[PDB]
Every structure is written in C-alpha cells, then in structure tokens.
Peer 1: 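Dropping the structure in here first, questions after.
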Amino acid sequence: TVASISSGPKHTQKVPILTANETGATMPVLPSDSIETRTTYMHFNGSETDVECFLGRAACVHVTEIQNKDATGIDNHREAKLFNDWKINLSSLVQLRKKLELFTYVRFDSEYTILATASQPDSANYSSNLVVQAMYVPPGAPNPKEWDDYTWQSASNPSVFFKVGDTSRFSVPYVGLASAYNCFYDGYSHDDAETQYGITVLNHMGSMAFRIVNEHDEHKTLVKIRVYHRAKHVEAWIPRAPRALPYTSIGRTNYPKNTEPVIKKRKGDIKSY
Amino acid sequence: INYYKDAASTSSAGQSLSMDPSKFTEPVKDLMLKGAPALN
Amino acid sequence: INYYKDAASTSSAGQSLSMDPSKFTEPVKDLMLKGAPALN
Amino acid sequence: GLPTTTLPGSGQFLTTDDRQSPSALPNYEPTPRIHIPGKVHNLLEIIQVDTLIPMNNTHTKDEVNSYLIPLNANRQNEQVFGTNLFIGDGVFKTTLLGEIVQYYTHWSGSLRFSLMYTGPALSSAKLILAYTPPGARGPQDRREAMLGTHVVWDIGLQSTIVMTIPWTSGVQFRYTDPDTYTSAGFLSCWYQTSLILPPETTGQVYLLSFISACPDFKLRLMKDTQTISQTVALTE
Amino acid sequence: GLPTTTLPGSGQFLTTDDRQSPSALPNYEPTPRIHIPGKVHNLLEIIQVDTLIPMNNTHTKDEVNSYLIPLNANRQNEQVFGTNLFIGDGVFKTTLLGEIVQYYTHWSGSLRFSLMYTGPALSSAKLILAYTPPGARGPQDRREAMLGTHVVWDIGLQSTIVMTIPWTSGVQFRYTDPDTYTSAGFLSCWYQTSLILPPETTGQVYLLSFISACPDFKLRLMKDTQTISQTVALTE
Amino acid sequence: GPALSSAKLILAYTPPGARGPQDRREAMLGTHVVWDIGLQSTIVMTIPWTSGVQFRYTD
Amino acid sequence: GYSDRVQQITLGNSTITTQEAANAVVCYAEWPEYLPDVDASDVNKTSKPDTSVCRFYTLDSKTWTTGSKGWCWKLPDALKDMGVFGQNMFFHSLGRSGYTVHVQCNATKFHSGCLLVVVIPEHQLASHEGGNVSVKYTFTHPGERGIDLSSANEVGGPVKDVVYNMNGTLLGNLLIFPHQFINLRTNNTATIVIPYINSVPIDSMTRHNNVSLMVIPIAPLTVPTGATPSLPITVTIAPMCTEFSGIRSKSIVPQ
Ligand SMILES: Cc1cc(CCCCCOc2c(Cl)cc(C3=NCCO3)cc2Cl)on1
C-alpha cells in the first residue's frame, strides 16, 4: 500500500485544495495535492484501532465489599454487608464509560472477571479460606434478604463459587432487550410528567449479589470484590463528540455546576507558539 | 478450537478490516469531485 | 471427545428440537378443523 | 510432560456450565425405558394449553368464584371486566402461563384470551372484547374501547370466543416482571347490546375465561420464580 | 491421565489476553440485529471527519469565541495566529482528533488543517499559511515563514482552504504526549496582501479552523487518556 | 427589487372547503411553494385542479 | 447549467426552491426507507398516509440577533401539531419516520455570520442542577417552539450552555454529526435528509424523540452599517416514508 505517491510541480485550473466546508463534507485532501512528494508505503494496517480491539480489554467496572462475621443479632444482613449487590451498570466507573459513549448504540457479549481479596484489619490468628458466591438475580426474581436464604439456592439462577484471592470468569451473551444497548436515550418510560429521564430507565437488567458461603470464624474478615468487564464481538453505531466535562450520575449526561474551563488558555497571544 | 457450545463464549472477534469513512466524511447528496469547484 | 467410558458421564443432551403440543392442546378423538364449526 | 498455563476462572464452580465427569457407578446398567404417553420436550409445548384465569379476583380468600366473571341481564353500554396485561402478575400470575413466564426474564409473542359462555341456552348476548395497545389509558367507556383491537362476540351455539392479543411492540421483548417502558396494554369487555334471559329464568350468568400463548411466543433468560420460597429445609 | 507441567504465569489475569469462557446463560437467544445507519469499524474512520479547533484560546472561561480567529481590515505584512503542533495538547487537545490521539501512545501521518472564511461576500483577502518542520523556531515574520511549507490562500467564492501538514520526520513515529525529540513543528498564518472590507461595512471578520487526519495516519499502542478521571464511583 | 437584495416568500393555494388562511401556519398546510429570490427572477406556481365536480361555473 | 446551488424539493403537495444551496447532506449516507419485514417485530399491518403526512411543515420563525445563543428542536416533537402528521402521532401506539429538514436564512453581500445546522441522534440533555436531577418531560417536548438556548435556566428543564451541547461535550465536535453550515457569504439554506435511526424497528412517537435539530450562530451576525441588527431564521421540515402502527384511543401526554 502506498502512503504517498510521487507527485511533481502543478500549474493547473484544477485546484483540489479550495473547497466549501459549508457542505458538511471533509474532502479527502493529501500531501501530494499541495507539495511535491516521493513514494512511501504504509507498512501498517490499523489493526489496533478496530472497535473490537478498542473495547476488547478488561476494564474495572465495580468494586464492592462484603464481610464474614457472626450474623447473630444482625437485623439487616444487607446493611451489615453480610452480603451486597451491584445493580449491574457500566456507567459507575468513568474510564470505560467515556470510551463506550464515543458511540450511541453498542452491541457485544461480555466476559466478566471477578477478583476477590481478603483483608483482616484487626487482630486475627490467621487468614481463613472463604468461598464467594456470585449469583445474578434477574429482574423479577426473589431478592436475597438474608445471607443463607432460600434464594442462594439459585436453582434456576446462574451462580459461580470461587475462592477469595482467586478469580472467577465467564462470559455472557448480549442480554439487551433491543437490537443494541442504548448509550444514550432521549426519552422516558411513559408519557408522565414526573417520570425519570435517560437510559437509567432503559438499563434495568437486575443486579448481581455476592456473599461468603463460609460461616464465621472468631475474627472478622473483609472481602472486597472487583468486577472487570471485557466486550467481545463488538458492534458500534453512530459516533458522537467525546465527553468533555466530568460525570455526576450513572445514566444522565449531567455535568457539575461551576465546573472549570476545559479548554487550556494560552500563556500568550493567539500569535504565540 | 471452540471448547464451548455457545457463541458468546468464543474469544474476541478479528479485524473488521472494513473501513469506509465516507458515511462520515462525505455524506453529501450530489457527489463532490476533488479538483472540481465545490460550488458551481 | 468423551474422556470417560460410561454414558452418564457425558455432558448435557442437545435440544430435543422435538416440539409437538398437539398431545396436550388437541387430544380430541374426531379431528377439529379451525374455521369449521366446533359442534356440527 | 506437556507445558500448560492455567487461566483466570480455574477451579471455579459455575452452576450452569456443562462438562463431563467420572461416573461413580462404573458399568451399571439402567432399567430399560418402557413407553409412557405424555412426553414433554419444551416448556413452549405446554404454555399453549389454555387454563382458567381467576379474573374475578375481588374476593378475600381463594374461592372457585374468582374464576367466574358475572354478567347482568338487561344492562346496556356498560363494562364487564378490565385488567392490565402484566402476564407475570395480578390475574395472570397463578395461571400455567403466568406460572411459567415467571421462570424467564423476557417474553415476546401473541396471547390467546378466550371466554366460554355458560348461561341458559335460550338466552342471548353480544359482548365486545377490546385490547388497548401500550400508550393509552385503560379505556373508560366502549367508545374509547372500540377504537383499538376488538371482537364483537355473538353468543350462540358455539360457546367460546378466542380473542388474540397480537404482539404490538416497539422493543422486541418485554420483561415478565411488570415494567413500564416494557408494558403491554389493557384488556376490557363491555356489553355490545346486552344479555337477555328467557322467561322463567333469573339472576346472574357467568363467563369462564382462559389464557394460553400463541405459537408466536418466545421466553428467554431463565431465572428463579418469586412464586415459591422456604425458611427451613423440609423433613420426612 | 495425560502428564502436564504448568508454566510461570499460570493463574494470572492479564486484562488484555483473549480466551474462551463458559457462558453463564447456556442456550439463550439474543435479540435479532436490525439495520441502523452509521456503523463505525475503526477509530481511523472517524478521525478523518474534520472538527473545529478552539484556536483563539486566549479567553478565560470556555466560550464560543475561542473558535473564532479574528482578522483586521487593512493590516499588511502581519501575523494572524501561531501554534506548535503538539496534537495531544494545547489547541488540538479537545478536538476529536486530539481526543482520540490521546487514547494512543504513538502517531504518524499527515494532518489536514483548513480555514473557512466568514467575512462579507464583497470583501477580499490573501493569507499565507506556513508549516515549519521541526528544527527551526516558530517563524517570527512572513519572510521567515514563507521559506517552509506554505499555501497563498486567495479568499473567494470557494470559502475554505485545506492545508496539509505533510509528514516530515526522521523517526517514523512521534509520541502523542508532547515530547521534544519527537516534536513536529509550528503552524503560522500572515496577511499576504491584507483583508479589505466593502463600504458600509465594519469591524472584525473571523475565520473558523478545522483539523482532521489524512488517510496516511497511523496511531498505535493504546493507553489511558489524561482527559478523564474521577474521585468516587458514580451513583444513580 | 435591486439585485443586491434578497427575500424568501411562500405562496399558498387553499383548496375549496377551508377559509382564506389567516396566518402562514394556516397557509403552509395546503399547496405552497417556498420561493427563494435569486438570479432567476420569476417563480411559477400552478393551482392544480382540485375538485369534486369536473367543471366549475366562470361566474 | 445545473449548479450545486439551485435546488427544488417537491414532497407531497408542497415544494421548496433554493437558489443558493451548498449541496445537501444525507445522514450517514442513507436515505429514508420503510421498515422491511426481515426487521419487523409487531405483527400489525402499518398505515402509510403518504402524501398527507409527507409534505413540508414550516415552523414559526426565529430571530437571529447579535446576542443569540442558538435554538434546539426535537423530532418528532416539533411536528406534534402539524396537520394529519400530528393526529396520526397521537392516535397510534407506534410510528416511524425519516425527514427532510430545510433551514433558511438570507441576508445580503454586506452581512457576515455563520450558523451550524446539525442533527444529533439520541440527544439526551443534561439537567443544569448537576447530580442526578432529571429533566422533566415538558422541558424536552417544547413542540414547534423548540428550546431557546439563550432563555434562562428553569426548574426541571435542561441546561442551555452552548459550548457544551446541552450534554457535557464541546461545541467544536458537533461536526462529527451530519451537519451543514449557513455562511451568509456562501449559503442561504441548509438541507439534511434524516433516515430513521433507532435500536428498535419502530417506537413510540411521544415518549422518545430520536433526533434534535440544532441551529447555532458560531460567527456572530454582523450587519452592514445602520442596517437593522437582526435576520429571521425559518425551519421547514417534512416527514418522509412515515408509517404508523397500533391504532387505538389517542394518547394523553403531560401538560
Ligand atoms: C450497556 C450495558 C451492558 C450491560 C451488561 C449487562 C449484564 C447482563 C447480565 O450479565 C450477567 C450474567 Cl448473564 C450472569 C452473571 C453471573 N452468573 C453467575 C455469576 O454471575 C453476571 C452478569 Cl453481570 O449493562 N449495560
């Protein structure tokens, strides 16, 4: 492939460099339309800018935490982090968010990796070996109330059991309702006068729930869960302007008030170098 | 070799090697030729 | 590839792709045609 | 010795994975199969059999009576019953259809709603059933109702009427647990003319109503049902 | 049982590796794809669309005005604007090009810089745009500027002029984050003759300026952008 | 008008049955042409035959 | 003698002529078309009023003055009240449509000024409150009036800051969306053909707008000496290939 062809002096009536940008086109002008060039080859394919590659590496999408401790006398397991949940969403963390929001609709399978590490902030004789249980409560499913409920039975709910310190991994098809995931949605659930606005109304795919299978030892053990997400088989439509201001909420476009100028002011003139 | 039955479980896809910027760079209704005048 | 000798040890079965609701939805002795009167 | 590398996920137990295992009982011979009528292959086979809907839900303890929709002689213009179409909740919820839908997260497809009339043979009636697609309110009078999907039913020799709620939807799947964006409409029924009883006869007559899914139907993404739970393991 | 040996790296999780995994939802059927205009396959497709450069960066809070390069009637010989070419920083940094370049470590290729004139139709002007390849200082006067890559632009019916910064380089890749060894030059613009307004007209006229990449362009070695960060996870 | 002036007008035909339009919004919902005044000096609007009855009386 | 410059668009019972065009943009290089069966889901036969809905509606005019910040209309909202298009809209459960947008602004060879005319698929607005405040319905359904970016923040309304596109992105990059400029010195109209863009085959026309049309002054209007300091901008829009499905009772929407 040639990156530049050889081109010499020109004295024409045919001027490729004068255009009318009002038309909305970006005319494909090249170095050889306005200087004299020599042949050179590309030596490159643009492999690593493919959208599959761009969205295809694992990104941290969520960090939660649960603890193993005596539940005796706990009136609210959920509240004691005897077990937590993550109401599946990819808008939490902004690193992967900005990347995704470069497009309007996106379609992909997900591969999740879940790393779990334990901490024992206060005096323990040892490090126990705990087994985590991650179960996906599809919307319209009995939500775990306790840490050893009947829900954890998950007889129809896909669940994975792995050891703390270890990692769990699996992949999920694209479980979108539509033909693709809406990165943006300028509409509402229904024609109400108070109903929410955005995608937060469209992206209601239940939540994930973690818990430690093991009973309690004499000390307490903090287990912190990190969920990583990798898109595989990516398809993206309609590019948009990149995010400039900071994010404030999962699912709304809102930016913070009295934010700071995002364009760097010159130290000098327009004329400055 | 796929070891698994479902398609979601296969590895990453392989390069589009599609690439056609004209839907974005030249969505004009009447075709513009480089070198010919923009507005006639 | 089965690595094991016994049939119980193989993975899940594969979709019936059988599907015939008529034993449940139309177990009538004399055949009913949709569009013809139910009771003649 | 062949060199290997283990990946993330090694040693995990995923309740949904499907692999081979050693048999604990090597060489054992199972009992022969004999023929048994009734084999089921797909849950899609059974949700096409219709079952009764406790439409008359207004009681206070479960009773045979909540299966009966009453009809009054001589009323004109008025409304016989109304319900939204959240097949995973409300009237639908205990029906076989409702009961299976609840094992899945998403459904799509047409529903078949039929009414069988049980009044004396010498009576007569004309009813209108109306399906209102998502976007409008439950109709408030027949005029409103008759502008959407409807069937004038003429009560005759042929005892049942089968109304279909054709799949009307932007999004190709709806959630089985009630959700707004994903909502499916309303179903109402009104007197078209009115029920008329023969002489020597009196009182209320009832309609029985059934629900089953058309062959159209799709259910996907299995999950656990809110319809059953427990607090301690059962013993003998 | 086949004999194996595990190598260094077993059990590691590399966020960039690409392998197979069990599906948690065995046998699930995804929604059909429908057609949607606009599919993107490569980021290289989109960085060829031109976008506006806030060249007039001299303000103190972001304003529509930093997109406008002003022009003065009757000045001769003088300089309209100047900038270095660190596409990952400074004026370029918020443009789509700048914004994507920042996802990669290295770039190589030609850039297309165009200026669209917005002054009254009955005015006229001749400007010179000059590209100064690495190695010399930003030009200080047109004489200095005109000895490097330049285009005399004659403002006419055809409203825009497209200047190309041809890839001039020893090393075949430059770093996107500004680096010296790897630096690309300067871009300046001066009056060639001068802007002249028609009668009954007055004040400043402005040029809009765009930047996009030539088909020449290469970007490689993906990394994280300095353009976005956060202090706590976002909630609903 | 002078050659260096410019203008955009809308001409609207309202078929029988409605009143003479009272504002452009009303006017623009019937047969209309946006005319852009340019080099080409005249605009030709056609009142297409809109009618139930195939003849009308001249009086 | 054909120029890129003169054009005629006839759609239904209405025609537009421009003698000073700058080509026309067809979003993503695709022209509006009806919904194919292979892509269909709802089993209902659809209604295609054709020429009674696919004609040109001219919205009320705006006034560009030196202080203008820009205006924003949403589709199909802007047309919610135009003739039979609008009736169909409130009466069917689902509908689908593409449009031809023609923005008009003429001046003289002594004026200067340049507007950006852009179409943004799925333009989800931001609340000026920050945090996770929502933007109420009424605020994103201005109707033919559209939203005036130089109007004041209101409560439950969107933010109207131009250099952020009403969503946290910079004005400068709006050029990645199908768009066309109106530069008084060149141009006097902008025309964009919009194909139907959605993640579902057909949708509700009232709970979801699928494009915002935005007209933004970028190079300020500058009139000749002692000229009146303002110009009107007019927007005319025509639904094209419209289809409605799931007819019934007639939606009632807030406010
Ligand atoms: C956009 C967009 C995309 C997504 C992803 C949605 C996630 C779908 C559900 O994914 C899971 C499934 Cl199918 C199973 C499990 C799981 N099975 C056993 C343990 O976890 C976890 C998840 Cl997140 O969210 N917004």
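Lettering of chains follows the sequences in order, A, B, ..., and the numbering in each one begins at 1. Order of listing sets the numbers, starting from 1, for every ligand and every atom in it. FYI, side chains are in, hydrogens and waters are out, and symmetry mates aren't considered; it's all heavy atoms of this structure. Lab note: partial entry displayed, contacts enumerated inside displayed portion only.
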Peer 1: What would the PDB label the drug at ligand 1?
Peer 2: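 Found there: WIN 54954.
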Peer 1: Of all chains near WIN 54954, which one has the greatest contact count, and what is it called in the PDB entry?
Peer 2: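 Greatest contact count: human rhinovirus 14 coat protein (subunit VP1).
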Peer 1: Within the structure, which other chains come under 4.0 Å from WIN 54954 at some heavy atom?
Peer 2: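 Other chains, by heavy atom: A, E.
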Peer 1: Source organism for chain A, as stated in the entry?
Peer 2: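 Per the PDB entry, it is Human rhinovirus 14.
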Peer 1: Write down the PDB name of chain D.
Peer 2: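 The PDB entry names it human rhinovirus 14 coat protein (subunit VP3).
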Peer 1: Define the binding site of WIN 54954 at 4.0 Å using heavy atoms, by chain and number.
Peer 2: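 Going by non-hydrogen atoms, it's A/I88, A/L90, A/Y112, A/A134, A/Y136, A/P158, A/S159, A/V160, A/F170, A/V172, A/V175, A/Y181, A/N203, A/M205, A/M208, E/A24, E/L25.
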